Amino acid sequence: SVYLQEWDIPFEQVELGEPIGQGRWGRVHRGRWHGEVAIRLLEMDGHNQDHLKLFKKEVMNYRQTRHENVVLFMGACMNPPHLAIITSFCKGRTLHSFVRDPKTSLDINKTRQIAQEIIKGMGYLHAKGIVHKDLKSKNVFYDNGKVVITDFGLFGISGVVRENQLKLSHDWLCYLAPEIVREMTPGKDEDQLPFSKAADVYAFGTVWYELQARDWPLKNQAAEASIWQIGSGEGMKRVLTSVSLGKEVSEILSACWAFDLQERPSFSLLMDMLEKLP
Amino acid sequence: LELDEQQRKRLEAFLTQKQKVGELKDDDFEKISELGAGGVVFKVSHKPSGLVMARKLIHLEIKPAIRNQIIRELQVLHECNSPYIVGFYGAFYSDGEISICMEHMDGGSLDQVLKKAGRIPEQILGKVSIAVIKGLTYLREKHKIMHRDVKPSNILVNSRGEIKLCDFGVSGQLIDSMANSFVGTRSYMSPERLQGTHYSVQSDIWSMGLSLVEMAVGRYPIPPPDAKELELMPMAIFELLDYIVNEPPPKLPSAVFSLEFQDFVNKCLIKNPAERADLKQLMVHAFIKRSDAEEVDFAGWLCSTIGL
Ligand SMILES: CC(=O)Nc1cccc(-n2c(=O)n(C3CC3)c(=O)c3c(Nc4ccc(I)cc4F)n(C)c(=O)c(C)c32)c1
Ligand SMILES: Nc1ncnc2c1ncn2[C@@H]1O[C@H](COP(=O)(O)OP(=O)(O)NP(=O)(O)O)[C@@H](O)[C@H]1O
Ligand SMILES: Nc1ncnc2c1ncn2[C@@H]1O[C@H](COP(=O)(O)OP(=O)(O)NP(=O)(O)O)[C@@H](O)[C@H]1O
Ligand SMILES: [Mg+2]
């Protein structure tokens, strides 16, 4: 059991507001710390089966983080089985809904600067040994220039959320690297998948593609089709040839989506690649 | 088509019963029993009218404006009627879920029938092939729609001896709007569809062939059983899918089944869909001609293995 009085941020009160979406990781409520915050409500059936021990470990790790491109992790109180994760609230639009708005005007300069900010944030996390499982355009926020990363390290938690057949979305598959898709099998939980620093730079490639094409690489297929296409690597080979964008642009997209994970660059390397660009 | 006179009879008897209700609401229905989980489908009692129907429940939280478009596309399904297509009664929106109420087929699905029988004999599978072929031709010729999801769990039977197709792909908007699809342990998708290239009804023909092998042998045939396992008669999803794309297709054992039956499935499971038989070629295959002229009391076999 850890409470809100152990945190860097002076805590006195916190009022829940309207919810703003449900997912397989509890419910997220717009809150008010004198500043608005995001409150994620969880339930853990794991009756002290090292789940809480792991939760205490990971949450304390989040405490030692602060960066202008990453959400400000504020507090995490656990009165088991009910847990809560409080994050700074990002105003503005998600990068998902931002790039798909017709009125939005992105250019080769705006696209470069946005990616740099994301790499800077993702670089900080990797430097701290924090693997950002679940990186995608829905978990990145833009507000007239300011770019923030959201919901990092959330998949390391083993809370309750369902049957035998696997439960997958399409927006998620486009960010999943082949090493992960191959290991997917029924009765297997998200914690068992091989997320890594390489899995994050792969998902950054799908983000980089979204910055160019304003859509995801694979037209909405049956999930089974999307599995083999990604797990075989053939799918990313077709979409890379199917439309050209630019040798410099396609260079880093072919780099991040490399099938052999060790051929994927680090984020510090990606900062330089984004420099030598139009 | 090639409509029989009696098929008109049972069609019309359904279409007389159609008008026996006008509107639908949640409280019209009383849960009789649970059928299976997928959406979930329940045997239900309709109270405004004595008809017993099957109500399948698909849970979705999405906005009203898109919903009226899905439903108006879905109303076209009241138009298709065939002795090989489960009858449809209506669609509505209620309490966070679209309910589809349709004809109740008292024998269930071929998966649950196979579970009870152990294996399905060759002669029954001949009658099933004709019904499937004619259903797909009907959908192609009259409404220009492919099924897209043919498999044993979606082939229903009754004690009258009718065989009907369900769960086909009528709404383009509904496919795209469903963000979250569900994968399981068995896949019946054809190779060409899995690689994301152009596809047609040919992919349904593969699905029929593969479904037939499962039911003929009593086991999902990927991966193939070993030598000693066919006598007696833990894999990740990507391993299965890559088997379908790269390894030779499954085939029937050469001892216990006729050449017409073996050749038929082989023509269905050719991986290149341009060489795979089409509906016109299938309609004229020796296997179908033999089955069509055979006298098999299908009702009696079904009732006796399922215990009425
Ligand atoms: C990405 C992708 O490929 N999606 C996809 C691919 C193929 C199929 C479906 N699809 C589906 O799977 N079902 C099954 C799960 C119950 C449907 O019922 C279903 C459906 N209803 C329905 C219609 C008629 C009768 I007679 C019974 C019914 F139930 N209509 C109207 C559809 O238009 C679709 C498109 C359905 C979805
Ligand atoms: N710090 C935040 N500021 C603003 N909105 C947030 C924040 N964190 C999460 N959200 C929103 O809360 C909602 C629920 O988030 P989430 O549970 O991650 O669902 P998701 O990201 O859309 N996909 P999933 O994680 O699988 O449920 C989404 O609409 C997010 O955009
Ligand atoms: N119209 C129906 N009448 C009677 N039983 C039905 C009907 N539809 C489904 N069932 C039964 O309910 C079970 C579950 O079917 P279903 O929900 O369709 O799962 P599924 O077909 O395997 N997946 P999907 O094809 O996407 O729906 C079937 O195996 C049948 O036994
Ligand atoms: Mg999120």
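Below, chains carry the letters A, B, ... as their sequence lines are ordered, and counting in each starts from 1. Looks like X-ray crystallography, 3.3 Å, at least that's what the header says. Below, all heavy atoms of this structure are taken into account, side chains as well, without hydrogens, waters or symmetry copies. Numbering of ligands and ligand atoms starts at 1, following listing order.
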Q: Counting heavy-atom pairs under 4.5 Å, which macromolecule has the most such pairs with ligand 1, as named in UniProt?
A: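 Main partner, per contacts: Dual specificity mitogen-activated protein kinase kinase 1.
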Q: According to the PDB, which drug is present at ligand 1?
A: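 The name is trametinib.
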Q: If you measure heavy-atom distances to trametinib, which other chains fall under 4.0 Å?
A: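 Heavy atoms from other chains: B.
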Q: UniProt domain of chain B with the most residues touching trametinib?
A: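 The majority map to UniProt domain Protein kinase.
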Q: What is the nearest UniProt active-site residue of chain B to trametinib, and its minimum non-hydrogen atom distance to the nearest 1 Å?
A: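 Of the UniProt active-site residues, the closest to trametinib by heavy atoms is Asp149(B), 4 Å.
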Q: Does the structure show any other ligand or ion less than 4.0 Å from trametinib, and if so which one or ones?
A: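 Answer: ligand 3 (phosphoaminophosphonic acid-adenylate ester).
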Q: Okay, about chain A - what name does the entry use?
A: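 According to the deposit, Kinase suppressor of Ras 1.
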Q: State which residues lie within 4.0 Å of trametinib, judged on heavy atoms.
A: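 Counting heavy atoms, the site comprises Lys56(B), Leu77(B), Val86(B), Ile100(B), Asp167(B), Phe168(B), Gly169(B), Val170(B), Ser171(B), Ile175(B), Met178(B), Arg193(B).
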